[PDB]
Amino acid sequence: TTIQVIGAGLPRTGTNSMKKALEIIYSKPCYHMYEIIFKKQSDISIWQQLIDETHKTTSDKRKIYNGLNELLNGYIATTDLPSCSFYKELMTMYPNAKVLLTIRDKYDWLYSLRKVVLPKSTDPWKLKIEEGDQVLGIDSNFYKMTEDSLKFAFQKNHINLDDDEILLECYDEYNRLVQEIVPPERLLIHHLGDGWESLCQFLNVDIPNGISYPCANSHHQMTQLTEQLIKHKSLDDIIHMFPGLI
Ligand SMILES: Nc1ncnc2c1ncn2[C@@H]1O[C@H](COP(=O)(O)O)[C@@H](OP(=O)(O)O)[C@H]1O
Ligand SMILES: CC(C)NC[C@@H]1CCc2cc(CO)c([N+](=O)[O-])cc2N1
């Protein structure tokens, strides 16, 4: 059991739905940020060490490959931040794995990103996210790892993450680059809304009979989850309000 599909799509492009879709297709687990937050928060420091390794004048690529392989043990696929930023290293490690690029309108993406993953530093919603994350046992190291992995995906050392215009152009550049460096036969570009057909064709499987394509992880749902975590101060107490999400 090793990686068959590498999800290179950025966060907030339908990765949790793609995660669920792949788990339906393969009946084996797919990695996602939800795996880290809700199941394995100890992975945060490991991802941080790997991203830190990339910032060295001479990076130890074998250390990174071995670290990626350990993180992804028991998974059939990976999606989302932070793994998407390592899609090149994953491609090298798993030469037979196919690559998915989940994609969507860039303006909707940015809006989604600011609501969940990367608020502007002066946005009051950032404090509500933090307070909510406190309930989940998430600390400040989490934000450093996600920030560093976005910067790593965009291949930038210095960047003003509060500038929407920069993030929009980074998004387009990122998706262009994936399309440039992944051979066409090894890549499926999956637009938000595309559903089973193109995906199943690509992965050489039939469309799941009587099972609809997943639709999960809206910023509306994430805003409500943040609100409810703050109100009740317990995930277990509110999880029934979020069926089928985690
Ligand atoms: N089947 C589907 N059709 C349309 N949008 C979908 C979808 N599945 C997920 N999404 C959207 O993809 C985004 C989440 O992606 P990710 O899981 O990578 O964080 C959300 O966007 P919004 O925040 O605009 O609602 C979510 O609503
Ligand atoms: C709602 C509040 C309690 N925070 C929890 C949410 C869960 C989904 C999520 C997903 C990503 C990337 O998919 C990131 N990210 O990269 O920062 C952060 C979060 N945070």
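Residue numbers count from 1 along this sequence. Read the numbers this way: they start at 1 and go in the same order the structure lists the ligands and their atoms.
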Q) Which compound, drug or drug candidate, is present at ligand 2? A) oxamniquine
Q. What name does the PDB entry give to the macromolecule most in contact with oxamniquine (ligand 2)?
A. Sulfotransferase
Q | Binding-site residues of oxamniquine (ligand 2), heavy-atom cut-off 4.0 Å | A | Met33, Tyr34, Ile37, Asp80, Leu81, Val117, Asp133, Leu136, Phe142, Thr146, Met222, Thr226, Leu229
Q: Using a strict cut-off of 4.0 Å, indicate which atoms of oxamniquine (ligand 2) neighbour a heavy atom of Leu229.
A: 3 (C)
(Q) As an exercise, identify every atom of oxamniquine (ligand 2) less than 4.0 angstrom from a heavy atom of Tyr34. (A) 8 (C)
Q: For atom 13 (O) of oxamniquine (ligand 2), grab the closest protein heavy atom and report residue, atom and distance to one decimal in Å.
A: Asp80 OD2, 2.6 Å
Q. Considering only heavy atoms of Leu136, which atoms of oxamniquine (ligand 2) have at least one such atom less than 4.0 Å away?
A. 3 (C)
Q: Please could you name the atoms of oxamniquine (ligand 2) that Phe142 approaches to less than 4.0 Å, counting only its heavy atoms?
A: 17 (O)
Q: List every atom of oxamniquine (ligand 2) that sits less than 4.0 Å from any heavy atom of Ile37, numbering the atoms from 1 in the order shown and giving each element.
A: 7 (C), 9 (C), 19 (C), 20 (N)
Q: Please identify which atoms of oxamniquine (ligand 2) are closer than 4.0 Å to at least one heavy atom of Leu81.
A: 16 (O)
**Q.** Organism in the entry for chain A
**A.** Schistosoma haematobium
Q.
With heavy-atom distances below 4.0 Å as the criterion, list the atoms of oxamniquine (ligand 2) near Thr226.
A. 1 (C), 2 (C)
